[PDB]
Amino acid sequence: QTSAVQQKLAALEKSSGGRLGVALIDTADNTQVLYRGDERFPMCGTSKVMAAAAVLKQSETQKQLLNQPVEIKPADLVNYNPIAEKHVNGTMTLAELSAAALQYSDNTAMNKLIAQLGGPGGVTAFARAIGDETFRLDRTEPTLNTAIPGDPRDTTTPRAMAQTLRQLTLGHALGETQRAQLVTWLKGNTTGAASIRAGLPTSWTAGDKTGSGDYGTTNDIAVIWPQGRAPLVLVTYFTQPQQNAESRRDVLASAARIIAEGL
Ligand SMILES: CO/N=C(\C(=O)N[C@@H]1C(=O)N2C(C(=O)O)=C(COC(C)=O)CS[C@H]12)c1csc(N)n1
Ligand SMILES: CO/N=C(\C(=O)N[C@@H]1C(=O)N2C(C(=O)O)=C(COC(C)=O)CS[C@H]12)c1csc(N)n1
């Protein structure tokens, strides 16, 4: 079948010139709205949530892990290091690296999270451990953001990512203290105002993690607390056919607005 919201998302996609994937979970009744919900999309920076969560999980059995210093060398710097660049020849704790990766989308910080987990496969193993059989991280930063059409590397589906984000932020995939830390980090994101959040009623609160890459790949995943109602989880992925396509955060905002209006 095809619902009204699904029809509106289809119209948005057609006018956009790209491919749109959406997954909503409304925890008020556990109902879902999917659009290309089982198609694979490049995650880009949205994968940073899985890496941070995996390190939080490790910290459950090490009350001091988040305070562990990690050396940042000049050679470690990649293509987007707004926080790490200030700490070259110094150190950052895993908590600092998690906050930098999530709230500033720092790619060098993400690489340190991946390294702590033993490589991209370590992040994938954590995803499997919490019931996500779809997610796959294959590369480090920044090549995990190449976003080449058809490439299965570093992809997931909207359905899978929404279910996992729910488990992490609203469920029991993490311990209570760790879940609160993850939510606090997401709510403090600095990069998300033009994406999902731009399509929501002003009064609503949210935590999100953006992603972007080649092929005008423009992503966002969010946990939303609408004013006076049970939280939602929303994933919006978008990618385009030309390598040099422009970013389209307005498409994500439009998708979120359609979703919000349809509740
Ligand atoms: C080889 O890697 N290529 C990247 C890339 O590093 N994407 C990563 C990603 O996701 N990040 C986000 C992100 O979270 O969206 C921002 C956020 O940007 C700002 C200013 O907030 C900065 S770029 C980084 C890329 C990005 S766009 C494009 N053509 N390529
Ligand atoms: C000359 O371009 N250099 C880029 C680059 O491709 N940036 C692109 C661009 O502008 N985009 C926008 C944008 O148009 O605003 C956003 C905004 O947020 C999202 C989600 O797209 C994310 S980055 C992407 C780059 C990537 S990493 C690095 N150090 N430089």
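Chain A is numbered as in the PDB entry; the shown residues are, in order, 25-57, 59-238, 240-252, 254-290. In each ligand, atom 1 is the first atom listed, and ligand 1 is the first ligand listed. Side chains included, hydrogens not; waters and symmetry mates left out as well; all remaining heavy atoms used.
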(request) List the drug name recorded for ligand 1. (result) cefotaxime
(message) Would you mind finding the main macromolecule in contact with cefotaxime (ligand 1) and telling me what it's called in the PDB entry?
(response) CTX-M-9 extended-spectrum beta-lactamase
(request) Please list the residues near cefotaxime (ligand 1), using 4.0 Å as the heavy-atom limit. (result) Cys69, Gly70, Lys73, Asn104, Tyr105, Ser130, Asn132, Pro167, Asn170, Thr216, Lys234, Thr235, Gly236, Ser237, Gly238, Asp240
(request) Examine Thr216 against cefotaxime (ligand 1) and note whether any of their N/O atoms are separated by less than 3.5 Å. (result) no
(message) Looking only at protein heavy atoms, which one is nearest to atom 14 (O) of cefotaxime (ligand 1), and what is the separation?
(response) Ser130 OG, 2.6 Å
(request) Please say whether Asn104 places an N or O atom under 3.5 Å from an N or O atom belonging to cefotaxime (ligand 1). (result) yes
(message) Any nitrogen or oxygen of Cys69, side chain or backbone, less than 3.5 Å from one on cefotaxime (ligand 1)?
(response) no
